Enquirer: 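One structure follows; several queries about it will come next.
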Amino acid sequence: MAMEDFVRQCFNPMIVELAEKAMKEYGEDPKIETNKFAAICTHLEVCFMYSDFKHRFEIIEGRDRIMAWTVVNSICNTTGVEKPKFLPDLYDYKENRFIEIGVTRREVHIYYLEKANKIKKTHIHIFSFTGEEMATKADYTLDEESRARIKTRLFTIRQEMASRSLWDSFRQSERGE
Ligand SMILES: O=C1c2c(O)c(=O)ccn2N([C@@H]2c3ccccc3SCc3c2ccc(F)c3F)[C@@H]2COCCN12
Ligand SMILES: [Mn+2]
Ligand SMILES: [Mn+2]
């Protein structure tokens with residue numbers, strides 16, 4: 001069972017199509033980087049579930065680069081929040097801060113450090129496939145139920161992969177050698 005076939009079966013087609021466009025834009029082939037194809041789908045789903053819990057969250061992820069920065073610029077212009085160097089994933093209109101969503105197959109503490117290091121005001125929220133999470137100042141933003149649902153979906157994706165013998169590959173491809 002190919003990872004590419006898993007992605008197209010396990011994820012909603014709107015998620016798959018946006019993941020494909022994002023990979024084309026950054027010059028990556030979903031037929032070759034199939035684990036990355038799956039990771040982008042998973043992360044994209046988490047961002048939509050995050051902004052699902054008028055609307056508290058603007059979704060930056062899932063847009064072509066130009067539109068993504070247009071939304072970021074428009075928000076900064078109307079709130080005076082400092083424009084970030086790196087594209088974030090969400091904007092929280094209640095806390096008035098951008099959010100960076102991370103999903104990792106490794107230890108959350110390790111991935112949190114990697115993310116915090118790369119961006120040096122953007123709130124960070126890391127999820128794992130084991131039910132763990134780590135967030136800036138231990139401020140998890142959402143209520144308990146909302147995070148429990150994200151954790152359950154991630155764990156379900158993991159078990160759906162494991163049943164098709166895809167988990168081990170997916171786990172090891174996150175960080176290079
Ligand atoms: O939006 C993201 C992004 C994140 O937000 C993230 O948390 C991790 C990684 N990201 N990257 C995603 C991405 C997203 C989710 C899971 C893995 C990857 S792996 C690199 C890659 C991404 C998108 C397309 C592509 F072809 C890639 F090679 C790029 C980093 O440059 C800003 C846009 N972006
Ligand atoms: Mn992003
Ligand atoms: Mn992210």
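Heads up: numbering here begins at 1 and tracks the sequence. Ligands are counted one by one from 1 in listed order, and the atoms in each one are counted from 1 as well.
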Enquirer: State what ligand 1 is bound to in this structure, picking the chain with most contacts and naming it per UniProt.
Expert: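 By most contacts, it's Polymerase acidic protein.
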Enquirer: Which drug or candidate compound lies at ligand 1?
Expert: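 Recorded as baloxavir.
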Enquirer: Does the protein put a heavy atom under 4.0 Å from atom 11 (N) of baloxavir (ligand 1)?
Expert: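 Neighbour list for atom 11 (N) of baloxavir (ligand 1) is empty of protein heavy atoms (cut-off 4.0 Å).
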Enquirer: Could you tell me if any non-hydrogen atom of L87 lies under 4.0 Å from any atom of baloxavir (ligand 1)?
Expert: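 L87 does not count as a contact of baloxavir (ligand 1) under the 4.0 Å cut-off.
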Enquirer: Which baloxavir (ligand 1) atoms does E61 reach within 4.0 Å, using its non-hydrogen atoms?
Expert: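 Every atom of baloxavir (ligand 1) under 4.0 Å from some heavy atom of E61: 1 (O), 2 (C), 5 (O).
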Enquirer: With a cutoff of 4.0 Å, is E100 in contact with baloxavir (ligand 1), counting heavy atoms of the residue only?
Expert: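 Yes.
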Enquirer: Okay, next thing: which UniProt active-site residue in chain A is closest to baloxavir (ligand 1), and how far, heavy atom to heavy atom, to 1 Å?
Expert: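 Answer (UniProt active site, heavy atoms, 1 Å): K115, 3 Å.
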Enquirer: Backbone, side chain, both or neither: what part of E33 comes under 4.0 angstrom of baloxavir (ligand 1), heavy atoms only?
Expert: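 For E33, there is no contact with baloxavir (ligand 1) at all, from either part.
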Enquirer: For baloxavir (ligand 1), which atoms sit closer than 4.0 Å to a heavy atom of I101?
Expert: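 Answer for baloxavir (ligand 1): 7 (O).
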Enquirer: Which residues in chain A does UniProt mark as Mn(2+)-binding that also have a heavy atom less than 4.0 Å from baloxavir (ligand 1)?
Expert: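 Among the UniProt binders, by heavy-atom distance, it comes to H43, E61, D89, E100, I101.
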Enquirer: Please write down residue, atom name and distance for the protein heavy atom closest to atom 33 (C) of baloxavir (ligand 1).
Expert: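 Looking at atom 33 (C) of baloxavir (ligand 1), the protein heavy atom closest to it is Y26 OH, 3.4 Å.
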Enquirer: Run down the list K36, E174, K118, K21 and name the one with the heavy atom closest to atom 27 (C) of baloxavir (ligand 1).
Expert: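 Result: the heavy atom closest to atom 27 (C) of baloxavir (ligand 1) is in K36.
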Enquirer: Any idea which of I124, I40, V46 brings a heavy atom closest to atom 21 (C) of baloxavir (ligand 1)?
Expert: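 Among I124, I40, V46, the closest heavy atom to atom 21 (C) of baloxavir (ligand 1) comes from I40.
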Enquirer: Atoms of baloxavir (ligand 1) less than 4.0 Å from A39 heavy atoms?
Expert: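 Within the 4.0 Å cut-off of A39, baloxavir (ligand 1) contributes 16 (C).
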Enquirer: So is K115 close enough to baloxavir (ligand 1), meaning a heavy atom under 4.0 angstrom away?
Expert: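 Under 4.0 Å: yes for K115.
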Enquirer: Okay, neighbours of baloxavir (ligand 1) under 4.0 Å, other ligands or ions only. What have we got?
Expert: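 Other ligands and ions within range: ligand 2 (manganese (II) ion), ligand 3 (manganese (II) ion).
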Enquirer: Nearest protein heavy atom to atom 4 (C) of baloxavir (ligand 1): under 4.0 Å?
Expert: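 It does; a protein heavy atom is within 4.0 Å.
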Enquirer: Which is it for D89 and baloxavir (ligand 1) at heavy atoms under 4.0 Å: side chain, backbone, both or neither?
Expert: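 Contact part for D89 vs baloxavir (ligand 1): side chain (C-beta onward).
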Enquirer: I need the residues around baloxavir (ligand 1) for a figure - heavy-atom cut-off 4.0 Å, please.
Expert: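 At that heavy-atom cut-off, the residues are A22, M23, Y26, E28, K36, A39, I40, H43, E61, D89, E100, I101, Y111, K115.
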